[PDB]
Amino acid sequence: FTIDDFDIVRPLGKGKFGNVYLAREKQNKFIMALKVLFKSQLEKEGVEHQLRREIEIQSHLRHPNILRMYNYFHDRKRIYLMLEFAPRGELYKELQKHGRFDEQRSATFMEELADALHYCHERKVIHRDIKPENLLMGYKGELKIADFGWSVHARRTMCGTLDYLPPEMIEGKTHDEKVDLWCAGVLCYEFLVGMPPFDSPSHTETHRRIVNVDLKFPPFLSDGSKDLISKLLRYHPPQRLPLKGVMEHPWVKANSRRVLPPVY
Amino acid sequence: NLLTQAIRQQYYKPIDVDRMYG
Ligand SMILES: CCNC(=O)C#Cc1ccc2c(c1)NC(=O)/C2=C(\Nc1ccc(CN(C)C)cc1)c1ccccc1
């Protein structure tokens, strides 16, 4: 493959380590996203090994709620990633625009997320950075896990995002796949509320609220959503509701309107 | 646009990407 095998339609925006373009593969007239990475830039920033780990994980994952990497090619100066195009774009922009999601929208995303994470966990892949900014939306608004920047095939690596950090990470303990259970609970809360649960003016007060699980549910939340969130946001990782438990949760069953995209 | 219709058609009639690209 070469860039000449594609018609670049338009830029989609800045992605991690490079610009993303909407492109059509001339032969099959197939619309996809094309991420362009500059080989020298990757070397200068010292992110080659970090990009290789992400490509290695994302290219071997095949799930309707995981953004697909079809293939990759390179020339003298650039590495091109042939990626699934998610037509509805950034989930965070949608959250920002609406302020908060309704129960249907949130439960659908939770079912899609738990299914994608279960698929990962089954393959010993821990995401470690589930948050709205790492999610894209498909043609029918279906969730697409799009960033695997902190992911690992398995830990002590202190990683993720402040508001989403599990207690065990803040406390410098070893962690396992159960960090994704905690982040799923923080995500569910943020979807429904519009803000993460332990939001505070200072890092020390956010750390304090996380370790004490200082969860203060707004009165507009249903009993069902609070039930799911409380079951995920457990201080002790083994007490956290498993991903199969999220999928089976009565609030998810009653509210999700998940549709599986057509297969070939 | 004509692009919007092609994106729609791609969702409903997906291609074997594993064979075409993989
Ligand atoms: C393992 C390594 N993998 C990767 O590095 C990767 C990736 C990746 C990154 C981003 C995209 C992608 C794949 N596919 C997409 O469709 C992407 C974007 N879609 C997108 C943007 C705007 C609109 C237009 N809005 C207005 C609806 C729609 C759709 C997107 C691009 C740039 C910035 C934010 C989002």
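The sequence lines are lettered as chains in the order written, beginning with A. Residues displayed in chain A correspond, in order, to the PDB entry positions 88-241, 246-355. Quick note: numbers on chain B are straight from the PDB entry, i.e. 805-826, in order. First listed ligand is number 1; within each ligand, the first listed atom is number 1. What you see below is based on every heavy atom in this structure, not just the backbone, and it leaves out hydrogens, waters and symmetry mates.
- The drug placed at ligand 1 in this model is BI 847325.
- The main binding partner of BI 847325 here is, in the terms of the PDB entry, Aurora kinase B-A.
- Contact chains for BI 847325 (heavy atom under 4.0 Å, other chains only): A.
- For BI 847325, the heavy-atom contacts closer than 4.0 Å come from A/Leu99, A/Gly100, A/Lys101, A/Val107, A/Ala120, A/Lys122, A/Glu141, A/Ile142, A/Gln145, A/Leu154, A/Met156, A/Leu168, A/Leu170, A/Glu171, A/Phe172, A/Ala173, A/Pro174, A/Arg175, A/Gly176, A/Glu177, A/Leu223.
- Residue contacts with BI 847325: A/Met156 is placed with no nitrogen or oxygen under 3.5 Å of a nitrogen or oxygen of the ligand (distance criterion only).
- In this structure, atom 16 (O) of BI 847325 lies nearest to the protein heavy atom A/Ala173 N, 2.9 Å.
- In this structure, chain A contacts BI 847325 chiefly via UniProt domain Protein kinase.
- Nearest protein heavy-atom neighbour of atom 18 (C) of BI 847325: A/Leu223 CD1, 4.0 Å.
- Taking UniProt's list of ATP-binding residues in chain A, a heavy atom lies under 4.0 Å from BI 847325 for A/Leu99, A/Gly100, A/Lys101, A/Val107, A/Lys122.
- Not a single N or O atom of A/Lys101, backbone or side chain, sits closer than 3.5 Å to an N or O atom of BI 847325.
- On a distance-only criterion, A/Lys122 and BI 847325 share at least one N/O pair closer than 3.5 Å.
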May I have the N/O to N/O pairs between BI 847325 and the protein that fall below 3.5 Å, each with atom names and distance to one decimal?
residue	atom	partner	partner atom	Å
BI 847325	5 (O)	A/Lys122	NZ	2.6
BI 847325	14 (N)	A/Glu171	O	3.0
BI 847325	16 (O)	A/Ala173	N	2.9

